[PDB]
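Featured here: a structure holding darunavir.
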Amino acid sequence: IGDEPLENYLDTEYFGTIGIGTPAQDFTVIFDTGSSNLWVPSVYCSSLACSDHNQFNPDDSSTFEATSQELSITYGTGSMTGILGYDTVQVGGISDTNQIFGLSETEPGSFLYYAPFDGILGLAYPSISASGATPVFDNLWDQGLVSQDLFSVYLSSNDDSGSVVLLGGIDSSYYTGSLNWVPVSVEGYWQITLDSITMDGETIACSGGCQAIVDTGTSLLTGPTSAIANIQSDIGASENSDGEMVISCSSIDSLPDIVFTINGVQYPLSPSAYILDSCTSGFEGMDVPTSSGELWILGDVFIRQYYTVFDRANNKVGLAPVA
Ligand SMILES: CC(C)CN(C[C@@H](O)[C@H](Cc1ccccc1)NC(=O)O[C@H]1CO[C@H]2OCC[C@H]21)S(=O)(=O)c1ccc(N)cc1
């Protein structure tokens, strides 16, 4: 069982340190349950974001093995191109030998330039991995480096230490109540079916059910723009001169919970959770069309309240209230 500590950056990004190569070269990476590739910047990249982050040098690693395979990835915000290579990745105390990963050759745009992390370590299914690159957790399981084919995530609140990805384990000191299990509706993301979203007993969005993904790599709780607009109006959030969804901090003590029903079980978010003396909404409209329908994203606003188990043996997500 391996523990990967995560730094809680402003309650907005959660990244941990990994080592790549022999001797290890260290990188910070977002542990991203919304994607499946591992990549870091490399000495082959001249983009600005490469210049202001740690760059992998395969020349200095005695265990590196080159490939002729290229890689390209476009995220919601940010993108990269590069080349795949193999090396040993130290992650959570585990020596992940023979791990394929991306060495960036371009990283355009300001988001990656201003972000504190060097790269991204995806934790989702192989079906959405660019170039069919084996995801880290698949390679761990393939090599028997974890005995149980699952991992769990605790994300801390209030910029506190203690966030972790627990590779191969579930730890009940991080939660209370019973874990409830949700089948993965479509294997790619950690995608699940939401039944309803309610406030003070009435349905405010997702009437008749909708699709959602559980994504540590997204800060906010996002949904289709039209639905989110209603929710913003429902909680009293107004966009201001600067493009921020502003809300009176006094509503934190006024407003009722917003309740997500998932597989028939109610998961409340208190206004303490879905309102971030500058208070803004934890919701954001973002349209993610798929053959499944538009996706909602249960990002860190949600995951901070629910210890989450990602079970690849079973293709299920487990949820329980954080301790
Ligand atoms: C780069 C990540 C650390 C951040 N992203 C979260 C990530 O989970 C998204 C979450 C996501 C998912 C779907 C649509 C938009 C965003 N996944 C994603 O874009 O996956 C990509 C992998 O290759 C492609 O195939 C799947 C989608 C692409 S992100 O949505 O782009 C993002 C970027 C900036 C901020 N501030 C907040 C979120």
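Shown for chain A, in order and in the PDB entry numbering: 1-276, 280-326. The analysis underlying the following values was restricted to heavy atoms, covering all of them including side chains, and did not include hydrogens, waters or symmetry mates. Note that ligands are numbered from 1 as they come in the structure, with each ligand's atoms numbered from 1 the same way.
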Which chain makes more heavy-atom contacts with darunavir (ligand 1) than any other chain, name per the PDB entry?
Pepsin A
For atom 17 (N) of darunavir (ligand 1), what's the nearest protein heavy-atom neighbour? Residue, atom name and distance, please.
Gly34 O, 3.1 Å
To which protein heavy atom is atom 11 (C) of darunavir (ligand 1) closest, and what is the distance rounded to 0.1 Å?
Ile300 CD1, 4.1 Å
Heavy-atom nearest neighbour of atom 22 (C) of darunavir (ligand 1) within options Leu220, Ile73, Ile30
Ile73
Would you kindly specify which portion of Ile120 sits under 4.0 Å from darunavir (ligand 1), judged on non-hydrogen atoms: side chain, backbone, both or neither?
side chain
N or O pair under 3.5 Å between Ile213 and darunavir (ligand 1):
no
Around atom 10 (C) of darunavir (ligand 1), find the nearest protein heavy atom and jot down its residue, atom name and distance.
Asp215 OD2, 3.2 Å
Could you list the atoms of darunavir (ligand 1) found under 4.0 angstrom from a heavy atom of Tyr189?
12 (C), 13 (C), 26 (C), 27 (C)
How far is atom 28 (C) of darunavir (ligand 1) from its nearest protein heavy atom, and which residue and atom name does that atom have?
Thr74 O, 3.4 Å
What do we get for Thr77 next to darunavir (ligand 1) when only non-hydrogen atoms under 4.0 Å count, side chain, backbone, both or neither?
both
Which is closest to atom 21 (C) of darunavir (ligand 1) in terms of heavy atoms, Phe15, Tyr14, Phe31, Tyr75?
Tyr75
Atom 36 (N) of darunavir (ligand 1): nearest protein contact (heavy atom, Å)
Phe111 CE1, 3.9 Å
Which single UniProt domain of chain A covers most of the interface with darunavir (ligand 1)?
Peptidase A1
Find all residues with any heavy atom less than 4.0 Å from an atom of darunavir (ligand 1).
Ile30, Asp32, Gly34, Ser35, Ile73, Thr74, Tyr75, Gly76, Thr77, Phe111, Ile120, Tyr189, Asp215, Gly217, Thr218, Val291
